[PDB]
Visitor: 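Here's what I've got: ethacrynic acid, bound to Glutathione S-transferase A1, N-terminally processed.
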There are 2 protein chains.
Amino acid sequence: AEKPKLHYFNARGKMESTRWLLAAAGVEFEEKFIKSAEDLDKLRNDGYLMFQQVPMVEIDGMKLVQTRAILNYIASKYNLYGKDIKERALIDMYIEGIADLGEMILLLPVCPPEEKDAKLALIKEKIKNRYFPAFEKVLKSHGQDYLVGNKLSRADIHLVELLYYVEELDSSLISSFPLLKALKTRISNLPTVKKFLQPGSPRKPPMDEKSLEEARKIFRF
Amino acid sequence: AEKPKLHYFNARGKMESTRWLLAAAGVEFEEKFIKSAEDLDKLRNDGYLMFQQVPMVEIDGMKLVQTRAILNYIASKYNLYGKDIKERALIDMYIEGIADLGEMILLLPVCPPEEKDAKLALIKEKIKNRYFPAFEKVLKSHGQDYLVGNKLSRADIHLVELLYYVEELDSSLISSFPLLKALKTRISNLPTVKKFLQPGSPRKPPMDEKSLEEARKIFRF
Ligand SMILES: N[C@@H](CCC(=O)N[C@@H](CS)C(=O)NCC(=O)O)C(=O)O
Ligand SMILES: N[C@@H](CCC(=O)N[C@@H](CS)C(=O)NCC(=O)O)C(=O)O
Ligand SMILES: C=C(CC)C(=O)c1ccc(OCC(=O)O)c(Cl)c1Cl
Ligand SMILES: C=C(CC)C(=O)c1ccc(OCC(=O)O)c(Cl)c1Cl
C-alpha cells in the first residue's frame with residue numbers, strides 16, 4: 001500500500017535512526033528530499049509540519065513530526081518496543097543513553113572550531129568511561145544475545161547504529177568491549193540489517209563541508 | 001506500599017515534570033535530595049545510576065534513570081498515555097514540542113550574559129510564532145477540553161506546566177491565545193493539580209544564584 005514517506009534533507013541528521021529502524025523491520029520506504037529553503041517553506045505553507053520543522057514522516061494517514069514520536073510509533077507498530085511496560089522501561093532507559101551520546105557525535109561537525117578539540121576529547125572519555133561500560137555490563141549480566149527480553153528490539157538496532165558512528169570516530173574505542181563487538185556482528189548479519197549495510201541502500205554517508213553549509217543555510221544552525 | 005522515591009537536587013531542573021506528573025496522577029512520593037557532590041558520588045559508587053547521572057527514580061523494583069524513560073513508565077502505569085498507538089503518536093508529537101521549548105527556558109539561567117538578551121528574544125519569538133499557535137490550533141480543531149482523545153493525558157499536564165513557566169517569563173505572551181488560557185484554568189482546577197499548586201506541596205521554586213552556584217559545582221555545568 002502506501003509505503004512510509006520520509007521528508008528530510010539528503011543526509012543523516014535526525015532522520016538516520018528512522019531509516020535504520022524501518023530497514024531493520026523490513027519496511028520499504030520512500031524519501032522526499034528537501035533541496036532548498038523553498039522546499040521547506042512549501043511544506044510549512046501546506047500545513048504539513050506541526051512545529052515548522054523536519055523530520056516529518058507520512059505514515060498511516062498521519063503527518064508525524066518529532067524524532068521520538070516517529071520512532072516510538074514505528075517501534076510499536078513493528079513489535080520492536082518490548083512485550084510490556086517494564087520491558088519498555090528498560091528499552092527507554094537504554095536508548096535515551098544512546099540518544100545523548102549520539103547527539104554529541106551528530107553535532108561535532110557543527111561545533112565551533114575553537115572548541116572542537118575539547119569536545120572530541122570529552123566524547124571519547126564519555127564513550128570509554130560512561131556509555132560503553134554501561135552497555136557491556138547489561139550484556140554480561142544476562143549473557144543473552146539481545147539487550148532486552150532475549151529477543152530483537154529497537155534497543156539493539158539503535159545501539160549497533162551508534163557503534164558504527166563511534167567506529168568512524170575512532171575504531172580503537174570498542175577494543176576493550178568484546179560483548180559489544182559481538183553484538184555489532186550478530187545484528188549486522190540479520191538479513192534486513194545486512195541489506196541496509198550493503199552498497200546502494202538508503203543508508204546515508206557522513207556530511208561533507210559543502211553539503212553541510214547548504215543545510216546550515218536552509219535550517220539555520 | 002513503597003512510595004516512588006525521587007533522587008535529585010532541591011530544584012526544578014529535569015525532575016520537575018516528573019513531580020508534576022505523579023502529583024496529577026494522585027501518587028504520593030518521597031524525595032531524597034543530593035546536597036553535595038559527595039552525595040552524588042555515593043549514588044554512583046552504590047551502582048544506582050546507569051549513566052552516572054540523575055534524575056533517578058526508584059519505582060516498582062527498578063532504578064530508572066533518564067527523564068523520558070521515567071515519564072513514559074509513569075504515564076503508562078497511570079493511564080495517562082492515551083488509549084492506543086495512534087493516540088500515543090499524537091501525544092508524543094505534542095510533548096516533544098513542549099520538551100524543546102521547555103529546554104530553552106530551563107537553560108536560560110546558565111546562558112552567557114552576553115548572549116541572554118538575544119536568547120530570550122528568540123524564545124519569546126518562538127513562543128508567539130511557533131509553539132503557542134500550534135497548540136491553540138489543536139484545541140480549536142476539535143473544540144474539546146483536552147488535547148488528545150477528549151480525556152486527560154500527560155500532554156495536558158506537560159503543557160500547563162509549561163504555561164506556568166512562560167507566565168513567569170512574560171505574562172503577556174499567552175494573551176492572544178484564549179483556548180490555551182482556558183486549558184490552563186481547567187487543568188489547574190483538577191483536584192490533584194490544585195493540591196500540587198497549593199503552598200506546601202513538592203512543587204519547586206525557580207532557581208536562585210546561590211543554589212544555582214552549587215548545582216553547577218556538583219553537576220559540573
Ligand atoms: N526535536 C525535534 C527537532 C527537529 C529539528 O531540529 N529540525 C530541524 C532540522 S534537523 C529543522 O527543521 N529546523 C528548521 C527550523 O527550526 O526552522 C526532532 O527531534 O524532530
Ligand atoms: N538525558 C538525561 C540527562 C541527565 C543529566 O543531564 N543529568 C545531570 C543533572 S541534570 C547530571 O547528573 N550530570 C552529572 C554528569 O553528567 O556527570 C536525562 O534526561 O535524564
Ligand atoms: C536539525 C539539524 C541540526 C540540529 C540536524 O539534524 C542536522 C545535524 C547534523 C547534520 O550534519 C551531520 C550529519 O552527519 O548528518 C545535518 Cl546536515 C543536520 Cl540537518
Ligand atoms: C542537568 C542540569 C543542567 C545540565 C539541570 O537539569 C538543571 C537545569 C537548570 C537548573 O536551574 C534552573 C531551574 O529553574 O531549576 C538546574 Cl539547578 C539544573 Cl540541575
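In what follows, chains are A, B, ... by sequence order, proteins preceding strands, each numbered from 1. Order of appearance sets the numbers: ligands from 1, and atoms from 1 within every ligand. Determined via X-ray crystallography, 2.0 Å.
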Visitor: Hey, where's ethacrynic acid in this structure? All the copies, please.
Guide: ligands 3 and 4
Visitor: Identify the other chains in heavy-atom contact with ethacrynic acid (ligand 4) at a 4.0 Å cut-off.
Guide: B
Visitor: Nearest to atom 6 (O) of ethacrynic acid (ligand 4) by heavy atom, B:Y8, B:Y165, B:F9: which?
Guide: B:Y8
Visitor: What protein heavy atom is closest to atom 15 (O) of ethacrynic acid (ligand 4), reported as residue, atom name and distance in Å?
Guide: B:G13 N, 3.1 Å
Visitor: At what distance is the nearest protein heavy atom to atom 8 (C) of ethacrynic acid (ligand 4), and which residue and atom is it?
Guide: B:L106 CD1, 3.4 Å
Visitor: Tell me which protein heavy atom sits closest to atom 13 (C) of ethacrynic acid (ligand 4), plus the residue, atom name and distance to 0.1 Å.
Guide: B:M207 CB, 3.8 Å
Visitor: What atoms in ethacrynic acid (ligand 4) come closer than 4.0 Å to a heavy atom of B:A215?
Guide: 17 (Cl)
Visitor: State which residues of chain B, listed by UniProt as binding glutathione, have a non-hydrogen atom closer than 4.0 Å to ethacrynic acid (ligand 4).
Guide: B:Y8
Visitor: Please identify which atoms of ethacrynic acid (ligand 4) are closer than 4.0 Å to at least one heavy atom of B:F219.
Guide: 19 (Cl)
Visitor: Any neighbours for ethacrynic acid (ligand 4)? Other ligands or ions under 4.0 Å, I mean.
Guide: ligand 2 (glutathione)
Visitor: Under 4.0 Å from any heavy atom of B:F221, which atoms of ethacrynic acid (ligand 4) are there?
Guide: 3 (C), 16 (C), 18 (C), 19 (Cl)
Visitor: Give, by chain and number, all residues and nucleotides of other chains with a heavy atom within 4.0 Å of ethacrynic acid (ligand 4).
Guide: B:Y8, B:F9, B:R12, B:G13, B:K14, B:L106, B:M207, B:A215, B:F219, B:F221
Visitor: Find all protein N or O atoms under 3.5 angstrom from an N or O atom of ethacrynic acid (ligand 4) and list the pairs with distances, or write 'none'.
Guide:
unit_1: ethacrynic acid (ligand 4); atom_1: 6 (O); unit_2: B:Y8; atom_2: OH; d: 2.9
unit_1: ethacrynic acid (ligand 4); atom_1: 15 (O); unit_2: B:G13; atom_2: N; d: 3.1

